[PDB]
Amino acid sequence: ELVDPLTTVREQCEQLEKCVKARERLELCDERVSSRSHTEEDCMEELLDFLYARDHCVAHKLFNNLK
Amino acid sequence: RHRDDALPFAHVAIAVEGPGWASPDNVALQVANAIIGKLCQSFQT
Amino acid sequence: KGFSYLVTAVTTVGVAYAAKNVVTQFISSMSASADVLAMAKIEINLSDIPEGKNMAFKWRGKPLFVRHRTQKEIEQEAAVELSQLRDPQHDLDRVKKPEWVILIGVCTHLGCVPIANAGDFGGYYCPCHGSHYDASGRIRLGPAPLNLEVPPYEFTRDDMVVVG
Amino acid sequence: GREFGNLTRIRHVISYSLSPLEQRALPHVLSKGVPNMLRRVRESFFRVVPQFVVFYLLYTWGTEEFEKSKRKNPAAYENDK
Amino acid sequence: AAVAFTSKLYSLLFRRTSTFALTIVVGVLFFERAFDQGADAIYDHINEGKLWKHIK
Amino acid sequence: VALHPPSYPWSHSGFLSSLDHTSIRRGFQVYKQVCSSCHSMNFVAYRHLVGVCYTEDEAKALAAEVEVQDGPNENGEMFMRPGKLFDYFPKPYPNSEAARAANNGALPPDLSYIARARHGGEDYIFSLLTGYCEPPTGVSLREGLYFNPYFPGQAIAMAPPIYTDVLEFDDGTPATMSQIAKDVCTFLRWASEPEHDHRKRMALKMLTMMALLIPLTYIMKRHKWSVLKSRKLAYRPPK
Amino acid sequence: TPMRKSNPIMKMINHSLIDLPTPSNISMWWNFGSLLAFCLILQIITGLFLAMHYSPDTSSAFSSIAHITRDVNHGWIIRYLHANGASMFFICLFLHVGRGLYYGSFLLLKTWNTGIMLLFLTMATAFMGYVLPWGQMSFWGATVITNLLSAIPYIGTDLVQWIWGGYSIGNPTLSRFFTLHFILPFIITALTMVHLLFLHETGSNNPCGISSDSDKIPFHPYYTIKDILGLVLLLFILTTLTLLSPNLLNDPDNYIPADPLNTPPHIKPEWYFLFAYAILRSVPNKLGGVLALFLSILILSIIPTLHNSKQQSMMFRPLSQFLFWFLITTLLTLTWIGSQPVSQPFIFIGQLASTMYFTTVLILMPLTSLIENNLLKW
Amino acid sequence: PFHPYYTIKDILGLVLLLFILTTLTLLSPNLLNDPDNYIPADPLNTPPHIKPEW
Amino acid sequence: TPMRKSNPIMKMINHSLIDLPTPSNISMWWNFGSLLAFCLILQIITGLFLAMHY
Amino acid sequence: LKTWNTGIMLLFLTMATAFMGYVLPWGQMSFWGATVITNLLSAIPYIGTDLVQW
Ligand SMILES: CCCCCCCCCCCCCCCCCC(=O)OC[C@H](COP(=O)([O-])OCC(O)COP(=O)([O-])OC[C@@H](COC(=O)CCCCCCCCCCCCCCCCC)OC(=O)CCCCCCCCCCCCCCCCC)OC(=O)CCCCCCCCCCCCCCCCC
Ligand SMILES: CCCCCCCC/C=C/CCCCCCCC(=O)OC[C@H](COP(=O)(O)OCCN)OC(=O)CCCCCCC/C=C/CCCCCCCC
Ligand SMILES: CCCCCCCC/C=C/CCCCCCCC(=O)OC[C@H](COP(=O)(O)OCCN)OC(=O)CCCCCCC/C=C/CCCCCCCC
Ligand SMILES: CCCCCCCC/C=C/CCCCCCCC(=O)OC[C@H](COP(=O)(O)OCCN)OC(=O)CCCCCCC/C=C/CCCCCCCC
Ligand SMILES: CCCCCCCC/C=C\CCCCCCCC(=O)OC[C@H](COP(=O)(O)OCCN)OC(=O)CCCCCCC/C=C/CCCCCCCC
Ligand code: HEC
Ligand code: HEM
Ligand code: HEM
Ligand code: HEM
Ligand code: HEM
Ligand SMILES: O=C1C(=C2CCC(c3ccc(Cl)cc3)CC2)C(O)=C(O)c2ccccc21
Ligand SMILES: O=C1C(=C2CCC(c3ccc(Cl)cc3)CC2)C(O)=C(O)c2ccccc21
Ligand SMILES: O=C1C(O)=C([C@H]2CC[C@H](c3ccc(Cl)cc3)CC2)C(=O)c2ccccc21
Ligand SMILES: O=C1C(O)=C([C@H]2CC[C@H](c3ccc(Cl)cc3)CC2)C(=O)c2ccccc21
Ligand code: FES
Ligand SMILES: [Zn+2]
């Protein structure tokens, strides 16, 4: 069995502050959209913000573990 | 160069450095001169 | 004066280097490309070629003659006096089996294709400027300077030959 | 037509020159050339630069505004239901 | 008086135009080879281990 | 709009850095065993692999593995033969209508210049290959689409193509998804721009030369212009 | 006499570039004409070579270029050189125009008018080369530029269909693009010779705007070595662009072959055109848009007519200089707007930039010239 | 002077050339034509009788 | 002066084929140069058209 | 002399042009004409065959 370094690197980056605030905003938006009866809103923008923030620091630290 | 476009004709002089009284070469040079000395009014070496 | 002229010398040397490289790579643009230079072999089945028949096959862009000679041709090609030739050569210098002869069907003068069983000599005749060949592919009359070219081959069966 | 024999009429101007092999090609750079370049920059600075500064401000503003326009407005879903 | 280097260089080589030209062709012959070799060395050295010439 | 890929530190991105040919060799196996099911590479032939990662004999060996149509024969009919160096990588479908029929209406593009035909280049592709995930709340996908934030629209027909141990490399490297992606990306870089290494090689030389020629010609100019640069005038009228 | 002056061909060469009297004091801004000529020559040579491998057929054009860049020996660098030389050509062209606007050399009427002709010809040529690869951007560029004549009210649609050679863009149009792109550069060459013939009857203007007949020097050796230096510099830049950073100006959407059924979401022409595109985008009316597009360049022809100043050059005219640089920034603004989607901020900014361009050329400069005159008391 | 004398003379010459050219183009187009160039190219066979343009 | 002689391009045209001094007595054999030029022009035009279909 | 020499140059150029147009239809005569005219440089003793192949 193999563990992909990308897993670990994501899990490590996701501990950082700039990730954490965006993650919290993502949870808030999930809660709104799930709680309503009938709406046209979706929770995508928040997800993209969080992913931009996280993949920034993944890119600085992933290739050191690859061949 | 001293320019004065009112004078009838242009005067010109051109030299290189010669060797002086003492050197032998003078003789040969004179011969050369005699060989050289139409376009213009007056000319000399 | 020396120093000032040394500068010019050095400048000219560099300019010459750059010019050579540019001009030469431009020139090498016009030579054969890396998709034109294939060189395959070709296999011919000999039991489809009757006696007296000259067959032409396309190979590397040019004709390839295979000729199945008769007995009187084998006889009369050997009689030739080699002193009366411009490219002297004996028939057995030009065949591996007497009853087969394999040639590159291109005229050595300027590249036209000789017609078979024509001319004064029973071999081939080139219409373009009038050169005659004998059934060994030897040049016998007309402006061509050399005999018809023989490629490398070998017999893999008494009915199969490979040219490569 | 135009030829070095009869371009114009001039009187009483004298010139003096040396040959190139008598003199230096880059005689005084840091003691004369540098200050000259500095004044040459000074004399044109305020005739050229501010227009480009204004261009830079306009560019950055317009970029920012366009990028704001693409973000979702909370009042578009929160206001009525 | 002072036989100096550039003066010898002027008087032997550069004074006559034909010989100047000959000097230039002779210099380019040797410059080309030296310069190529140096460049190829540097290039090869910058990325050792990644060129198929050596992996071969 | 689409998510902007981050910049990964690729070892070939330096001004004079060459490609890593080991990664090319592995990427090419990825493109055999996985990616040449859907996709064509119409502009590459086996002869192109010679001297890059294979000898001539071994490239002939690769060729030999594939059947190719040829003819007409002496009877006027077509037939099948083993491949040669001068044959192009084989197509997966005969025509684009058949390609659409086999992928629920979508058409997989040709990957011969994919790395030069997309914003971000190999940063994007890597991002796309590693980047699938489950959709946000409020989002839904029609029949046969996946979610991927790095695609324009975020809905993409292509299912996640790679995972850990979807193949095994012949050099013993561990085949984690990340490794596979990085290697196939290196290979697509090479497929899009073969002149890379030689180009950088050649830059060193002729740039050194053109840089050298500037001060020399500047000196010559200064020499010729010193006559005027030091000239002195005077005005002497009879007054 | 010397052989230099023994013979008509030789004596014309001599009057052109050996014993020609040139101003002593002209600056670097006067080097860009010779660089233009160099660029024309480079383009013709690299084009004649490319020509021998390209295929003017819609079913093989793309793949012929692939063949050139992959199988032809050093074909990739020949391609690179052609494409980058066009860019250099336009850089020099723009700088060359701007000089003359600043230093008042438009008062040489014949030279100026032949220059305008040359600008037009070069633009036509460049555009007809840009569509030959038959990529996705090339196709839609062709489409737009050939629909332009539909704006002519009575005869337009018929003109469009007569240029297409059919009901739509297709194989018959590509061969027309290629024949025209082949022939135009040589017409450009001939007209360049006429251009210089006209120039040498008067001689070069200079930075001060006053007559230089008291201080003329010969063209050789001074400007010969000066222009050689300029050429060396241009070659350094061109090589670095060709080998060290070839993809700087490149567009990915032209590495996708043409698809007549889909226009891509984001459209962008080659950089030296963006500004016209912006102008064309700024008018909410078809005919008016096209008219503005063409007037934007044709307006240069009346600059000599609107000249009020007693002095020729802007060297001594500061208000003028301020306006000049403001105009240049308006053009930069149009270039930037051309790159952006057709969305509201950029729509509004582009409209302002266009109105200010024409305003400035037609109104503000004449009036500042009058003010200036009054300040010097004449 | 060249004008008007040789202007009209050369115009007359041109009219004559056009008459001849039209008659050759429309009334007898096949006079100089060669049939062997209406057979496409075959790299394997040179025809027995060879003849260039006149 | 007349405009015929006011300007380099015009004056070259004039020296070429308006006020050029020609012999009075040259014959038909001197018409074939102008016909050569005509032929060159004809060839270029018809070729540019053919080119667009070949 | 000058006119005559430039005439000889023009003759040569026109012949080249005419021949290179004659091979464009790619008929049976065109092909073999091409072949012969491009083999002509094989007669150059030291460098000919390479010129032909280039
Ligand atoms: C189905 C197709 C139909 C086609 C229809 C075609 C119709 C064409 C109509 C053309 C009309 C042209 C009109 C031009 C008017 C111009 C006026 C002018 O100023 O002229 C000045 C010009 C002369 O210029 P110049 O300033 O005097 O200078 C010239 C010399 O320097 C002067 O030097 P010299 O003075 O010393 O020279 C004196 C003498 C010199 O004399 C000699 O040298 C001696 C000659 C002796 C001949 C003896 C008879 C033959 C030999 C027999 C020998 C014995 C044999 C024994 C055998 C024995 C065997 C055993 O030369 C002459 O006098 C020559 C005069 C005759 C010229 C003929 C021109 C023929 C043109 C043919 C065109 C063909 C192409 C048409 C298109 C076809 C398309 C398919 O010409 C004239 O003066 C003559 C004008 C009239 C010419 C009429 C020509 C009619 C041709 C009709 C042809 C129809 C058949 C076509 C067949 C096609 C087959 C494919
Ligand atoms: C076999 C291998 C190759 C061998 C190559 C050998 C040649 C090498 C290069 C030599 C370059 C030429 C140098 C000498 C040029 C001399 C020119 C000359 O004498 O003419 C000057 C004089 C100047 O005119 P004026 O100003 O009126 O003079 C009045 C002075 N008060 O005359 C002129 O006008 C110039 C005339 C130029 C003639 C040039 C002749 C060139 C000959 C080249 C031959 C090349 C042969 C190559 C053979 C290759 C193998 C088949
Ligand atoms: C690949 C992308 C390419 C993008 C486009 C590139 C081309 C456009 C470049 C724009 C920036 C150009 C900056 C040039 C340097 C400016 C330096 C400067 O301000 O110096 C001022 C200095 C002042 O000197 P004087 O007044 O003569 O007096 C001094 C002696 N006592 O020099 C000048 O003012 C000289 C000005 C000459 C003209 C310069 C023109 C620059 C722009 C030209 C192209 C613009 C677009 C086309 C315009 C015309 C359109 C119809
Ligand atoms: C709307 C439908 C189309 C209408 C077309 C109308 C025009 C019809 C054709 C008219 C042809 C021209 C005839 C008149 C020419 C007059 C030339 C003239 O006056 O100049 C002569 C004089 C001669 O010079 P010198 O020898 O120095 O004279 C000294 C005398 N001692 O000047 C010259 O040098 C010649 C100047 C030539 C000017 C020609 C102007 C041509 C104008 C054409 C306009 C066409 C408009 C078409 C519009 C189409 C629809 C949009
Ligand atoms: C291809 C990319 C190259 C990139 C590198 C930079 C390229 C540009 C470099 C500069 C090229 C300059 C070419 C033009 C000639 C310039 C000459 C010059 O500046 O010197 C002037 C000087 C004139 O002499 P004066 O002292 O004024 O008069 C003396 C009277 N008693 O010029 C001369 O030396 C003239 C004599 C001829 C010199 C040689 C001319 C060039 C050709 C020589 C080599 C011949 C072979 C060429 C083969 C090319 C490939 C097939
Ligand atoms: C069949 C199961 C496929 C396999 C195996 C691979 N791909 Fe593919 N791909 C497939 C389809 C049906 C599509 C169309 C997607 C769409 O939305 O239309 C694609 C597309 C791509 C793209 C295009 C990305 C873009 O932005 O346009 C790329 C870059 C791509 N595919 C790459 C790729 C790679 C590297 C593969 C091997 C690891 C691979 N694909 C396999 C279908 C299939
Ligand atoms: C292919 C295009 C062109 C070429 C090859 C070309 C070439 C030249 C050359 C070699 C010169 C010599 C002086 C110099 O370099 O400054 C020149 C001068 C000049 N050019 Fe052009 N040019 C071109 C286009 C233009 C354009 C587009 C314009 C104007 C819109 C123009 C207007 C002028 C003017 C006015 C001068 C003389 C100005 C002066 O001497 O002060 N030219 N040109
Ligand atoms: C002023 C002169 C010229 C200019 C400005 C010019 C411009 C261009 C441009 C911009 C392209 C497209 C570049 C690309 O797609 O990357 C092109 C392509 C081409 N041009 Fe030129 N060109 C000129 C002269 C010539 C000449 C004289 C020929 C003679 C045949 C020629 C032949 C070609 C060919 C065959 C192509 C297509 C090949 C390719 O796209 O790489 N060009 N030209
Ligand atoms: C495209 C090819 C040619 C063209 C367009 C052309 C054009 C002309 C023209 C228009 C003339 C005016 C006088 C006249 O018509 O007789 C002329 C004269 C002349 N041509 Fe050419 N010509 C060509 C080829 C030749 C050739 C091949 C030669 C010689 C081998 C030649 C030698 C002469 C001479 C010597 C004259 C003047 C003779 C005299 O006036 O007595 N030309 N040419
Ligand atoms: C002195 C000028 C010219 C001469 C002597 C000349 C001669 C010829 C000849 C003899 C042919 C073959 C005729 C045939 O096969 O029936 C030909 C074909 C052709 N030429 Fe011209 N030509 C000239 C100018 C041009 C020009 C400027 C072009 C410009 C594109 C051109 C384009 C073509 C084309 C496309 C063909 C092939 C079409 C065909 O064979 O009908 N020619 N030329
Ligand atoms: O560069 C030129 C120039 C000319 C030099 C030679 C060039 C040239 C270009 C190509 C060839 Cl094959 C030969 C010469 C063309 C431009 C010319 O005519 C002028 O009048 C002029 C005036 C001021 C500053 C520079 C110049
Ligand atoms: O036909 C000409 C001629 C010339 C007339 C105009 C021609 C011509 C050709 C084409 C055009 Cl677009 C314009 C003019 C060219 C030949 C010319 O220069 C001569 O010197 C001459 C001398 C004697 C007899 C005839 C002639
Ligand atoms: O929509 C356009 C468009 O509008 C132009 C335009 C740009 C300006 C051009 C132009 C025409 C005339 C002049 Cl004098 C200058 C530029 C004409 C084509 C393009 O070049 C283009 C290229 C590729 C896709 C779409 C487009
Ligand atoms: O055998 C030949 C042959 O020999 C030539 C020859 C004719 C003369 C040509 C020629 C060359 C040079 C000049 Cl300066 C003049 C004519 C060259 C080709 C042909 O034109 C030809 C055409 C078609 C089939 C065969 C042939
Ligand atoms: S080509 Fe055969 S005899 Fe000339
Ligand atoms: Zn190289």
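A, B, ... follow the sequence lines: proteins, then strands. Residue 1 opens every chain. Counting starts at 1 for both ligands and their atoms, following the listed order. Hydrogens, waters and symmetry mates play no part in the numbers below; they use all other heavy atoms, side chains included. This entry, so its header tells us, was determined using electron microscopy, 2.7 Å. Only a slice of the deposited entry appears, and the contacts counted are all within that slice.
The drug assigned to ligand 13 in the PDB is atovaquone.
For atovaquone (ligand 13), the chief contact partner in this model is given in the PDB entry as Cytochrome b. Other chains with a heavy atom closer than 4.0 Å to atovaquone (ligand 13): G.
Applying the 4.0 Å criterion to heavy atoms of G:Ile297 picks out, from atovaquone (ligand 13), the atoms 14 (Cl).
Scanning the protein heavy atoms around atom 11 (C) of atovaquone (ligand 13), the nearest turns out to be G:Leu293 CD2, 4.2 Å. Summary of contacts: the protein heavy atom closest to atom 18 (C) of atovaquone (ligand 13) is G:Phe127 CE1, 3.8 Å. Ligand-side atoms of atovaquone (ligand 13) in range of G:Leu280: 4 (O), range being under 4.0 angstrom from any heavy atom.
The G:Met123 neighbourhood of atovaquone (ligand 13) comprises atoms 14 (Cl), with distances under 4.0 Å to a heavy atom of that residue. Less than 4.0 angstrom separates some heavy atom of G:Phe273 from each of these atoms of atovaquone (ligand 13): 16 (C). Ranking protein heavy atoms by distance to atom 19 (C) of atovaquone (ligand 13), first place goes to G:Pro269 CB, 3.8 Å. Atovaquone (ligand 13) places these atoms under 4.0 Å from at least one heavy atom of G:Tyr130: 22 (C), 23 (C). In this structure, atom 26 (C) of atovaquone (ligand 13) lies nearest to the protein heavy atom G:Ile267 CG2, 3.9 Å. If you number the atoms of atovaquone (ligand 13) from 1 as listed, the ones under 4.0 Å from a heavy atom of G:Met137 come out as 23 (C). Going by the entry, the organism behind chain G is Chlorocebus sabaeus.
Atoms of atovaquone (ligand 13) lying under 4.0 Å from any heavy atom of G:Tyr277, numbered from 1 in the order shown and given with element: 1 (O), 2 (C), 3 (C), 4 (O). Which parts of atovaquone (ligand 13) touch G:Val144 is read off a 4.0 Å heavy-atom cut-off, strictly below it: atoms 1 (O), 2 (C), 3 (C), 4 (O).
Considering only non-hydrogen protein atoms, atom 21 (C) of atovaquone (ligand 13) sits nearest to G:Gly141 CA, 3.9 Å.
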